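Throughout, a chain's letter reflects where its sequence line sits, starting with A, and its residues are numbered from 1. Computation of the quantities below employed the complete heavy-atom set of this structure, encompassing side-chain atoms and omitting hydrogens, waters and symmetry-equivalent molecules. Excerpt of entry shown; contacts counted in excerpt. Indexing begins at 1, ligand by ligand and atom by atom, following the structure's order.
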Amino acid sequence: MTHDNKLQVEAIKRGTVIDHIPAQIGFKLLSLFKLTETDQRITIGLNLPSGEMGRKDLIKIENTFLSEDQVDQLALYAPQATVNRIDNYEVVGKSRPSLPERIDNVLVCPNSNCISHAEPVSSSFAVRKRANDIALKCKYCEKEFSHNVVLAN
Amino acid sequence: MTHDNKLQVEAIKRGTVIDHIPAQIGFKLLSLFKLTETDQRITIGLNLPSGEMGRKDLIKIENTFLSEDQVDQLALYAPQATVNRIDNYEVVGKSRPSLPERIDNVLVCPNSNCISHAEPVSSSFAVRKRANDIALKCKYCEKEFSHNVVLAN
Amino acid sequence: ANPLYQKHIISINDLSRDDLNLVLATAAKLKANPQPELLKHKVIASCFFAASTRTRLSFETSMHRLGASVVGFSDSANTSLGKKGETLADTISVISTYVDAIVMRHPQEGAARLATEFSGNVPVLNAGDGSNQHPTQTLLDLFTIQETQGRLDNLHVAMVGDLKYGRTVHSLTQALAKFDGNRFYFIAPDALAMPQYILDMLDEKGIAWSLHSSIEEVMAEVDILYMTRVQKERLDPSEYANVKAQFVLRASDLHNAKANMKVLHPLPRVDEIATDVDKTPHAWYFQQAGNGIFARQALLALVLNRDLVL
Amino acid sequence: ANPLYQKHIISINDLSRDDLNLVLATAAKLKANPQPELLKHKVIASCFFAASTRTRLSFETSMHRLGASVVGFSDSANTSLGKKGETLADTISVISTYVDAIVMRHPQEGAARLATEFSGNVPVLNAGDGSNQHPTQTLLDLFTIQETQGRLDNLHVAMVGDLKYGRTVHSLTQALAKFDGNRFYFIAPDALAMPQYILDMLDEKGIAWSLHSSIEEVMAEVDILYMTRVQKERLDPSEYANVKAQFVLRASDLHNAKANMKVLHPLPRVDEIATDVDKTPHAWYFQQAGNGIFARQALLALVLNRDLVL
Amino acid sequence: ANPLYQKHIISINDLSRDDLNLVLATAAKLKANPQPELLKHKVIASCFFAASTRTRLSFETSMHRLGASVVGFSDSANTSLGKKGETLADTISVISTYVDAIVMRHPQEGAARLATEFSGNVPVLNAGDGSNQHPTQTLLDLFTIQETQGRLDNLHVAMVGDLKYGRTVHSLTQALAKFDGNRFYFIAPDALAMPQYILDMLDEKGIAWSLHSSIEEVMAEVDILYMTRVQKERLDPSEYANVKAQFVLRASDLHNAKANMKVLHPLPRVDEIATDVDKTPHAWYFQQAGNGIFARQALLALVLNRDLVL
Ligand SMILES: O=C(O)C[C@H](NC(=O)CP(=O)(O)O)C(=O)O
Ligand SMILES: O=C(O)C[C@H](NC(=O)CP(=O)(O)O)C(=O)O
Ligand SMILES: O=C(O)C[C@H](NC(=O)CP(=O)(O)O)C(=O)O
Ligand SMILES: [Zn+2]
Ligand SMILES: [Zn+2]
């Protein structure tokens, strides 16, 4: 259901729709939660101005269905975006990335003497509302870090 | 003289439009070219269909035009890929990537003992076609490797 | 069963005052009447991937002092991990199949954590994991603080030395921050300063804490002076200006000392404390050392015995 | 007295099915009801001239799990042999005068043999002598094979990895070759191939064995898959092409796997097995590890107790 | 001007027959009519980042033979590149501002080429860059072959030894491929055979080469038996299987060899040439080492001098 100006069949029978992604954030996400490592018909719109959002990135996958967890994780890079559970072409549910408990596998502890590097285990940070940002606490080393300084796999 | 067959198109007013991109090489391109930086709206057709070409990746970049060398190294990545220049909502230019003579600054000489690693210089291989694959000779170590191996850097 | 039964003692962040209080109680109990046979038939593994005199030895005596048998190692250099490229996890995987509990010290952080992921039912006791925790240390500390002060609330506590890398002070600050009205004075080199994440905890808890540039002025209003050696081995070459102790304490400094005040030190000490102090009575680090038996015992006792110790 | 009473367990070549069978039996017995005091008053020496995690630790727990006391060493570097130029024989000469039994692991072959020449009455247990034997290993192996298969005759047994230098597979091939109708498939680098002298034994015995170039085709007809790490430390520089594992096994490979088939590994493993396998049920190497107690126990029990264990 | 004046001699692949012939002809002239002062007032740099006995010295003698002054280092260890951490690019960049030409030997491949990009109009001469090119070798070699055979076409040349890492034969083979009807036999262990891209030129030029598992298959065939040393320094651990000579030449294997045939060797030799050969009238390695003087002067002359007239 996309509105006016020209054509765009960026709308499917089945799939998920990451509306309102802050510009540039689009690309990242695609890699981070590796959303391209599927085979379903993906369609990605980068920097497409809309109105409400001067320029908003945006992604949609065909036949693919986001997990309440998988979803939440986006609350670190685009908490103000909207997921749309598109079934039979019509919106069945409109969700939003809400901050999660902790972010298992896809985040590398910046601590070099962390055991999480040497040994084969899945990364893991607890998430927290520090002040003007999120704080990240390695499951192992117990060192916590800004969600701006921590890097991810 | 207008849009395509399958039902998901958004023809740009001016800009390049890469089609026929072999599967899961559409995202490599997007990165190994830094076309995600720009502001211009971008359209990405991942895992698109083909029937005869199977799944295809297509990149619609609005108002941006591929360097006349950038298409020369794309000659390697997606040889079956086509690039449609577009002006006033139309396919004004039509080009296809032929294998350049030598390519520099992007590939990495697989020879570890190559000076190029240690020293501060720009790579450079000569692109000569064998029978079944392109062979690349590093300009310094003078060793020749098949494009498959030099494509691991 | 008792609260800490079959529980992993990994970080002090996962214990409650009740927990702390329980070990203590049990320490004071066992210190009065020992239970030489309390843990016979049990076999505990003493795994030290890192150096230790106090921690390892005091723990092993504890196990023997309770009829338990001990196996393990002081150096990983001779372990298959040591010479065959084994992984710590697989290491723990096999070891969990042999013994009833695992005591381990390790050069990297969250190492004990890691181990509980493979330890299975077998509880894991952290004897120090990098700059991170040192819970069993804290327990003897508290036991000693209480021994000599009569309480763990409303103390004036000064932590001098390396706090950035001091797992010792990491845990223990967390521990009395679980108590009320505790004044924390921090005297540290600006690079070996105390980590943010410990201060925040203090902030939110509303516990008060204030940096200080010398022992000189904290010295009159402190019950406890916790001294620490500079964790020289964990230092970064850009911190090697700080390898020598900034704050040395001699007997002279203690005139103003509250008569009740004691000097504490995790040990070992290199020059941050001068032997003259050893004579004076505020000096308690060697008594502090002696207390590690009781705590380690109490702990062992609790973790291995369902029914609250007689 | 029992057959293995006061006997040296040096090589599997010197044991009989009856012998093997006896230890097993006794293992399964002690595993059901333990005898915590069976060996009290005894003192056993744990002498490791070589690195070990599993072998040394599992043995020492065994001794403690039977009331025995333990003395010994994990590294010869601190022995007078280590620093005073003593001879292994004289070493064994003095040690035989102190203890009731000697467990030793050593970097060279026939080292345990040697020791029995000076050990005196005191029985010697080989915990591994170079590329040569590893009998106690074999015992837990068999115990495990039988645990999971119900028998030791008529098995399809695939030995992958380093077999030239694998004392582990040296012994164990000899061991089931004492059993009937055992199919041996050998997958090894042409240089880490299995030694002639083990094959001949197989020839004369009429036991069947066939080289294979991949796990892929043996995989459907095997009860046991014995994986081994490349004995990197015994490798010759002209064999360092083979230091990396040729045959890695992942979960993917096990679709065709008989539902009863188990993966075994002496441990440790470096990359010859991928952690995904760890999830799957053919994986038994960590259970395999756990069994070393029982076998080592049974053995200890038999060698030290005249009267057949209750 | 001459075709070589001011040129970089980096790779044989960058020169033509006529370029070669030019040098051998000058070589020839100088060997009989010496030019004591040809390069007088010229100052040349001898920069060896790697060991050399023959190449460095012979070069430097050539220089003095021509009256040029020399300046350089036998080793990078006490250069600011060696201790202060200077890039080679910066290194060639300042040295190029001092001297009249640059003779360079370097352990990495392509070092030669990169210098030219920094030496400005100052010619750079490859005394060897890793296992890539040894151009100056090929010149004294050509010269030496010519001198003994009287031709450079329709020769039967054997190339034994490390061919994969042998920079001397990489360079020698492209040079003889410029001539007519040469016949190549390559005898080397599989781990070290002639690199593909080399053969690719051979084939693609219509030249006839052939591989042989031994020396004595071609012994009465070949005119030149070019022996090479195993480049153990450039060897990979996986290739360490092959560090010993696989084809060794004895003075008895020469029994059926052509009488005009000469044994060459870039040198040094370890054991792949028996000292008894040295006496045989086939042994020619030491004489060719001598011709390095002539080819090398010859070279020096052509590059630094617009018009030579002898
Ligand atoms: O390192 C120190 O100074 C404090 C502390 N030391 C102790 O535990 C005493 P020891 O190392 O003998 O067990 C530790 O964190 O290792
Ligand atoms: O070395 C191995 O891989 C197999 C075998 N390993 C074992 O006995 C286990 P560990 O060395 O811990 O005692 C041995 O022969 O040492
Ligand atoms: O090293 C060899 O065996 C052949 C050859 N050797 C020579 O150049 C002789 P030298 O090392 O004395 O200069 C080389 O390429 O360095
Ligand atoms: Zn961490
Ligand atoms: Zn190169």
Subject >> Options CX516, TAK-659, N-phosphonacetyl-L-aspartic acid for ligand 2 >> reply: N-phosphonacetyl-L-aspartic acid
**OP:** Tell me which macromolecule has the most close contacts with N-phosphonacetyl-L-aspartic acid (ligand 2), using the naming in UniProt.
**Re:** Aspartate carbamoyltransferase catalytic subunit
**OP:** Using a heavy-atom cut-off of 4.0 Å, enumerate the other chains touching N-phosphonacetyl-L-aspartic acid (ligand 2).
**Re:** C, D
**OP:** Enumerate the residues contacting N-phosphonacetyl-L-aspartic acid (ligand 2) with a heavy-atom distance under 4.0 Å.
**Re:** C:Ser80, C:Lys84, D:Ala51, D:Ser52, D:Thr53, D:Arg54, D:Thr55, D:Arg105, D:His134, D:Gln137, D:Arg167, D:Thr168, D:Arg229, D:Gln231, D:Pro266, D:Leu267, D:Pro268
Original post:
Which carbamoyl phosphate binders in chain D, per UniProt, sit with a heavy atom less than 4.0 Å away from N-phosphonacetyl-L-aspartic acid (ligand 2)?
Top reply: D:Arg54, D:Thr55, D:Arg105, D:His134, D:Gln137, D:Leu267, D:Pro268
Original post:
Which organism does the PDB annotate as the origin of chain D?
Top reply: Escherichia coli
**OP:** Point out the residues of chain D that UniProt assigns to L-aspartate binding and that have a heavy atom under 4.0 Å from N-phosphonacetyl-L-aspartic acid (ligand 2).
**Re:** D:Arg167, D:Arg229
Original post:
Are any other ligands or ions in the structure closer to N-phosphonacetyl-L-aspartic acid (ligand 2) than 4.0 Å?
Top reply: none
